[PDB]
> 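Consider the following structure, which includes tolfenamic acid.
Chain labels are A, B, C, ... in exactly the order the sequence lines appear. Chain A residue numbers are taken from the PDB entry; in order, the displayed residues are 4-179. Chain B is numbered as in the PDB entry; the shown residues are, in order, 4-179. Numbers in chain C track the PDB entry; the residues on display, in order, are 4-179. The figures here come from the full heavy-atom set of this structure, side chains too, leaving out hydrogens, waters and symmetry mates. Each ligand, and each atom within it, is numbered from 1 in the order the structure gives. Method of determination (from the header): X-ray crystallography, 2.3 Å.
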Amino acid sequence: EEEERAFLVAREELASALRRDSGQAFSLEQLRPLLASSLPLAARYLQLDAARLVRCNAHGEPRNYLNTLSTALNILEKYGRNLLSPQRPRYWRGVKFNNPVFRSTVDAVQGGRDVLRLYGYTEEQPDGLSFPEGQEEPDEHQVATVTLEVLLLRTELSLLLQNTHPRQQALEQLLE
Amino acid sequence: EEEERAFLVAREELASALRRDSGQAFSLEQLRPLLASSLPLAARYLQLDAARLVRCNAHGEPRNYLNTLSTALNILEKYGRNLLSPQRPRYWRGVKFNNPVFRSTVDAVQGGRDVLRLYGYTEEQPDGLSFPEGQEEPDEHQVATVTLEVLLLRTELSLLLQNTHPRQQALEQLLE
Amino acid sequence: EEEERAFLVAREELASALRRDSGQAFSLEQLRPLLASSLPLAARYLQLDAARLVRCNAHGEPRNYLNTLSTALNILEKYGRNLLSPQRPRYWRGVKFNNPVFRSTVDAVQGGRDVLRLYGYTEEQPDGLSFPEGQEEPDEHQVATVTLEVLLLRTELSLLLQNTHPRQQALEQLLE
Ligand SMILES: Cc1c(Cl)cccc1Nc1ccccc1C(=O)O
Ligand SMILES: Cc1c(Cl)cccc1Nc1ccccc1C(=O)O
Ligand SMILES: Cc1c(Cl)cccc1Nc1ccccc1C(=O)O
């Protein structure tokens, strides 16, 4: 109720900020209402499958797999920002699996390819994903809300590795 | 390849045996052409998401989570066998999430519900999954195929816990 | 009956052994005095609600629900051993319900949370159970007693599943 409805406002606030300037950086104080919230995972992440992304890649030491996941999300965050840019990349319509950055970051995480589908890369090819040929422009609101959750989850993982998460003790008990 | 053709004829034979008698037990001898197999995991399990079922539930000690996965697969295997039985259960068309057996086994592993969808439980309700209202009879070939893959994966986990897997040393290095 | 004093001498031996070194395992021969005892259940288990742990979870085939209970007790036994360890885990004061191991093992069994309360996790929060903030150290004598009983029940169930329980036939006539 109180925390819920407030969480959705800051969510749509920062999301609409991404649509205005997709290259804008967000400080810790700007993301604090979303990082310090005690709402369940299913309430904070509506599109990004944060549960499967963490659970299906939590192999080995957290210091390693939290870094593997966060770096993959950094790459996925850049894909979402490029779709909201005033000057979109030339090949924005598709992503190739054999890209060296993609292969070493996103394709090192189970579920990384599924995040692209949330952006709109829903058409599967033997060597990549692409937008439907009938789609002229990406859904700016759908892309922005997914981009924010990717950025939020990456920030959460990054703060945990830095021992600076607002709920660091609570989250660490979910990994040990 | 050569081993690919040998795996298909074995898989179709045990599936036919499942349709012939869904209550019969398969010894390790009858399952050796599929257990002692060397093909990759993606070639042995064509429908059962074995990769996610293990990776997304490999938390804690292998002795524990392999037991949680085996028991969940034992329950799922019984669901598929019941769908092929001549005396089908009067409630074969739906599975309830609050069922005590289902809740303590299948709903204890991420991806357990998705296996029922492979059987044909595609329609989702807040209380469970059910067959389409128009589907008169289950897909016998589809149920037998998935049931065989469930039985295969459960056997692999059980043999690994018993230290009797044909490739026990090779698979154990995939858990370190 | 004087077989209760024999139970007590062995119980206190293994209980004191748990506090001296919480990591040392117990062989089948060391536990045989308690496993083969003809004492009633209410006399062998003084704190662990063994009657409810079995009865309230005996749904489906015994081969399945005995495995579910045994795995939950394996996790609960580890919680007790960690509380008696010289190098206690940094988060010993509380247990989170969302922990992946806990959710799939202890919380799959009715009464699992109650065992944590016997250890000292009496304060209930929406996120889990925790020790009272005033308690500087856990009750080493109470935890060792509960831990030994958890270990005893798990061994009883695991031996029953292996068809090696000293009173296998007598116990099997309580489940069929
Ligand atoms: C967000 C997060 C991070 Cl960054 C690291 C480690 C854990 C979490 N949390 C969760 C992850 C998967 C499933 C549930 C949860 C939960 O919070 O209940
Ligand atoms: C079959 C199995 C068991 Cl039983 C236990 C542990 C691992 C496996 N294998 C795999 C499971 C998931 C993803 C990949 C593999 C692989 O081996 O390539
Ligand atoms: C100990 C045990 C196991 Cl391990 C398995 C199955 C049954 C038992 N026994 C009992 C369990 C619940 C309530 C009463 C009894 C009794 O023995 O009177």
> Which partner chain accounts for the most atom contacts with tolfenamic acid (ligand 1), named as in the PDB entry?
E3 ubiquitin-protein ligase RNF31
> Which other chains does a heavy-atom search at under 4.0 Å around tolfenamic acid (ligand 1) pick up?
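By heavy-atom distance, the answer is A, C.
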> Which residues from other chains neighbour tolfenamic acid (ligand 1) at a non-hydrogen distance under 4.0 Å?
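Within 4.0 Å on heavy atoms: A:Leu44, A:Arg47, A:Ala54, A:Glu159, A:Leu160, A:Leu163, A:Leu174, A:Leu177, A:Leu178, C:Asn101.
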> Among all protein heavy atoms in this structure, tell me which lies nearest to atom 18 (O) of tolfenamic acid (ligand 1), with the distance rounded to 0.1 Å.
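I find the closest protein heavy atom is C:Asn101 ND2, 3.0 Å.
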> To which protein heavy atom is atom 15 (C) of tolfenamic acid (ligand 1) closest, and what is the distance rounded to 0.1 Å?
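The closest one turns out to be A:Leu44 CD2, 3.8 Å.
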> Quick test: of every protein heavy atom, which one is nearest to atom 16 (C) of tolfenamic acid (ligand 1), and how far off is it to 0.1 Å?
A:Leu177 CD1, 3.4 Å
> Which organism does the PDB entry give as the source of chain A?
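The PDB lists Homo sapiens.
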> Tell me the protein heavy atom at minimum distance from atom 6 (C) of tolfenamic acid (ligand 1), and give that distance in Å.
A:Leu178 CD2, 3.7 Å
> I need the nearest protein heavy-atom contact for atom 5 (C) of tolfenamic acid (ligand 1): residue, atom name and distance, please.
A:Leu163 CD1, 3.5 Å
> Starting from atom 8 (C) of tolfenamic acid (ligand 1), find the nearest protein heavy-atom neighbour and note its residue, name and distance.
A:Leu174 CD2, 4.0 Å
